[PDB]
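Notes on a structure featuring triclosan.
If you read the sequence from its start, that first residue is 1, and numbering goes on from there. Below, each value reflects all heavy atoms present in this structure, side chains not excepted, and no hydrogens, waters or symmetry copies. Numbering of ligands and ligand atoms starts at 1, following listing order. This deposition comes from X-ray crystallography, 1.7 Å.
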Amino acid sequence: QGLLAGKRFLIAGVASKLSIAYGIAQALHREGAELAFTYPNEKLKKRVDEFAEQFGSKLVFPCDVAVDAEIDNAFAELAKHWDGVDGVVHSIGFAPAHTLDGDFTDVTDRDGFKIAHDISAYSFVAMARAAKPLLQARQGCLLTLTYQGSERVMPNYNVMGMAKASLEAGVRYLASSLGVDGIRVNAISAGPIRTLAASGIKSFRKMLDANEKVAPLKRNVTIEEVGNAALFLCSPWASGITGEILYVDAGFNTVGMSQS
Ligand SMILES: NC(=O)c1ccc[n+]([C@@H]2O[C@H](COP(=O)([O-])OP(=O)(O)OC[C@H]3O[C@@H](n4cnc5c(N)ncnc54)[C@H](O)[C@@H]3O)[C@@H](O)[C@H]2O)c1
Ligand SMILES: Oc1cc(Cl)ccc1Oc1ccc(Cl)cc1Cl
C-alpha cells in the first residue's frame, strides 16, 4: 500500500479498459488509492459500475458535464461518502464529429465550437469549483489531459485544438486561484493512444504512425506510461509542481522533423 495509501481520488472519463482514465485508475490503485468514478449517461452506467467493482469501488455517480446540476450533485453525493478528496482526474473531451472531418475554416460552426469548448475546457473549471470544498479538506490536486494540437496544427484536430488551448490556459488560471489553498492543478499532454475517442478522428492512424517514426524513443506511448505520470502528478512527490503541462509523448513535441 505504497505511495497513495489512505488517499482518495475521483476519476471522470472511463469509457473502456482502453481509456486513458482507466490506465490512470490502474496506476493510482496499484499505489493504494481508493477510487470513485463518474459516468456520462445511462448506457455507460453499466460499464462504469463493472470497472469500479474491478478497483474495489462501489462509488459511482452520474456526471454529464454539459449539466451544471449533475456536476454539483456528483460532488454532493461524493461528500456523503468521503470527508475529503486527495485528487480529481478530468479525462473528458468531445466535439461534434463533423467539426473534426474536413477543412477547419468550412466545418467549424458556432454550435460545434460551443460544444467542443463547453465539454472539453469549461467542464474542468466547473469540476474544480464543485470539488473545491472536498479538495480543501485534504489539500487535494486536480489533473486534466491535453494534446499538442493546442500548440501546433494537427490534421482534423481542428476546433479541439482551440478547446485544448483554452483548457491549458484554464490549468494556469486554476493553479493561481487554488494554489493559496495548497491545491495543485496540472495537465498531461499525451501522445496518440488508441482509445474509443481516438477511433473517430480520421487522421489518428497518421498521427500514431508519425509519432512512432519521429519520436526520439521511436515508439508510441501507453496508458501505463500516461497512468504512471498521472500517479506522480497526483502524489506528494509532485508537491512543488503546479500549473504544469507534462508531455508524455516519447519526446515527439521536441522534434522539428526526423531524419527523412
Ligand atoms: N487517446 C489519445 O490519443 C489522447 C491523446 C491526448 C489527449 N487525449 C485526451 O485524453 C482525454 C481522454 O480521452 P481518451 O482518449 O481516453 O478517450 P475515451 O473515449 O476513452 O474517453 C473520453 C471520455 O470523455 C467522456 N465524455 C465525453 N463527453 C462527456 C460529457 N458530456 N460528460 C462526461 N464525460 C464525457 C466520455 O464518456 C469518455 O469517457 C480527453 O481529454 C482526450 O482529449 C487523448
Ligand atoms: O484529444 C485527443 C487527441 C487524440 Cl490524438 C486522440 C483522441 C483525443 O480525444 C478526443 C478526440 C476527439 C473527441 Cl470528439 C473526443 C476526444 Cl476525448
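For triclosan, every matching ligand or chain, copies included, can be listed as ligand 2. Most heavy-atom contacts to triclosan (ligand 2) in this structure come from the chain listed in the PDB entry as Enoyl-[acyl-carrier-protein] reductase [NADH]. The set of residues with a heavy atom less than 4.0 Å from triclosan (ligand 2) is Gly93, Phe94, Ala95, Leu100, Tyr147, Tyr157, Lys164, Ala197, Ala198, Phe204, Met207. Atoms of triclosan (ligand 2) found under 4.0 Å from any heavy atom of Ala95 (numbered from 1 in listed order, with element): 14 (Cl). Among all non-hydrogen protein atoms, the one lying nearest atom 9 (O) of triclosan (ligand 2) is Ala197 CB, 4.0 Å.
Note: other ligands/ions under 4.0 Å from triclosan (ligand 2) - ligand 1 (nicotinamide-adenine-dinucleotide). In this structure, atom 15 (C) of triclosan (ligand 2) lies nearest to the protein heavy atom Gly93 O, 3.4 Å. The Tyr147 neighbourhood of triclosan (ligand 2) comprises atoms 3 (C), 5 (Cl), with distances under 4.0 Å to a heavy atom of that residue.
Protein heavy atom in closest approach to atom 12 (C) of triclosan (ligand 2): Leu100 CD1, 3.9 Å.
Closest to atom 1 (O) of triclosan (ligand 2), if we only count protein heavy atoms, is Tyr157 OH, 2.6 Å.
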